[PDB]
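Record below includes crizotinib.
Numbers in chain A track the PDB entry; the residues on display, in order, are 1093-1123, 1126-1135, 1144-1279, 1286-1401. The figures here come from the full heavy-atom set of this structure, side chains too, leaving out hydrogens, waters and symmetry mates. All ligand and atom numbering here is 1-based and tracks the order in the structure. Determination method: X-ray crystallography, 1.8 Å.
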Amino acid sequence: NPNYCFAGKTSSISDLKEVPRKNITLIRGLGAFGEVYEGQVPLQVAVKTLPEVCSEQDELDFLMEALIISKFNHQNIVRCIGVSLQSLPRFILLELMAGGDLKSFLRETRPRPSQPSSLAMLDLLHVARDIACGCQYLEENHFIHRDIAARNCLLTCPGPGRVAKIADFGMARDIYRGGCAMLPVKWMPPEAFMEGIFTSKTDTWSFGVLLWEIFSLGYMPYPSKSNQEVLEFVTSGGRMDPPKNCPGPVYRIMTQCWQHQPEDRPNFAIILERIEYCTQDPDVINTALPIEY
Ligand SMILES: C[C@@H](Oc1cc(-c2cnn(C3CCNCC3)c2)cnc1N)c1c(Cl)ccc(F)c1Cl
């Protein structure tokens, strides 16, 4: 059986907390490859399933993601409650994040004439800070995520006390051991999509794109551009414009994350400091978000 190494020590399937299948109840679906359910073990969980019709490589991928998530310990990375791998279909049990994924949340919670104050700049800055703290933890533990993006982040709840967390680690799992059209090229720096070079500064660039996602309130990056068009755009020095109403200090964090040379981009300690300074600036947090009519 395959092993996984993180933060010093090695782990195996035997290290995963196997939860008796009889102790697990599925409640409802929550919406690719394999289904997700709300469940109970009482402890409320999200249940990620492996389809019984799958390849041996699918099985190993599933095992590896379980090992990866179970080995993290940080408040801004989703918790793994355990697994149920000894019954079929196989389960991974995660912290239930009632707020759902960040991209969907931003789109469905955009300020509206019905909900004029559904969200403010400070809410967005807090989400950005949460994920940046998660990224800093990964960076200081030498883990490269490779796919930092709104679709891969979850929220504990829709309301004001919400906390954002990095939740999907499928790309990192694949590389740890696919095709061009499935690569998240719109979140990738030049050296990543050209040379296949990944470092912590890969995630910095991706975080810049996430920031754009956040302050655009859930738009797809590089509006109207295809993957190849973005590849050529970014390679030639092109960068996204500020999202609608985006404060200049926030846009500046994005453009620093998108420096062409990785050495010129900030690490996550610096990004955190700059996000913190934005949260302090009245001219930033007093800026009204656009109201979608
Ligand atoms: C694997 C799956 O896990 C969860 C999904 C959800 C989830 C998805 N959608 N919703 C909605 C349920 C109805 N109310 C709004 C949120 C909750 C909550 N916690 C989870 N651990 C998941 C999904 Cl589905 C999407 C992105 C992710 F990063 C992850 Cl990690």
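Counting heavy-atom pairs under 4.5 Å, the chain with the largest count for crizotinib is, by its name in the PDB entry, ALK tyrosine kinase receptor. Of all protein heavy atoms, the one lying nearest to atom 16 (C) of crizotinib is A1200 O, 3.3 Å. Distances from atom 24 (Cl) of crizotinib to the heavy atoms of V1147, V1130, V1149 show the closest one on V1130.
Lab note: closest UniProt active-site residue in chain A to crizotinib, heavy-atom distance to 1 Å, was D1249, 9 Å. Distance from atom 26 (C) of crizotinib to its nearest protein heavy atom, with residue and atom name: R1253 O, 3.4 Å. Most residues of chain A touching crizotinib map to the UniProt domain Protein kinase. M1199 N, 2.9 Å is the protein heavy atom nearest to atom 19 (N) of crizotinib. Counting protein heavy atoms only, atom 10 (N) of crizotinib is closest to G1202 CA, 3.8 Å. Contacts with crizotinib closer than 4.0 Å are made by side-chain heavy atoms of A1148 only, the backbone lying farther away. For atom 13 (C) of crizotinib, the closest non-hydrogen atom on the protein side is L1122 CD2, 4.7 Å.
Closest to atom 29 (C) of crizotinib among all protein heavy atoms lies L1256 CD1, 3.7 Å. Judged by the shortest distance from any of its heavy atoms, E1132 lies outside the 4.0 Å radius around the atoms of crizotinib. With a 4.0 Å heavy-atom cut-off, crizotinib is reached by the backbone of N1254 but not by any atom from C-beta on. Between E1197 and crizotinib, at least one pair of N/O atoms sits closer than 3.5 Å.
Heavy-atom contacts of crizotinib within 4.0 Å involve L1122, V1130, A1148, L1196, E1197, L1198, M1199, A1200, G1201, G1202, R1253, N1254, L1256, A1269, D1270.
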Show me the short polar-atom pairs for crizotinib: any N or O of it lying under 3.5 Å from a protein N or O, with distances only.
from       : atom 1 : to    : atom 2 : distance (Å)
crizotinib : 19 (N) : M1199 : N      : 2.9
crizotinib : 21 (N) : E1197 : O      : 3.0

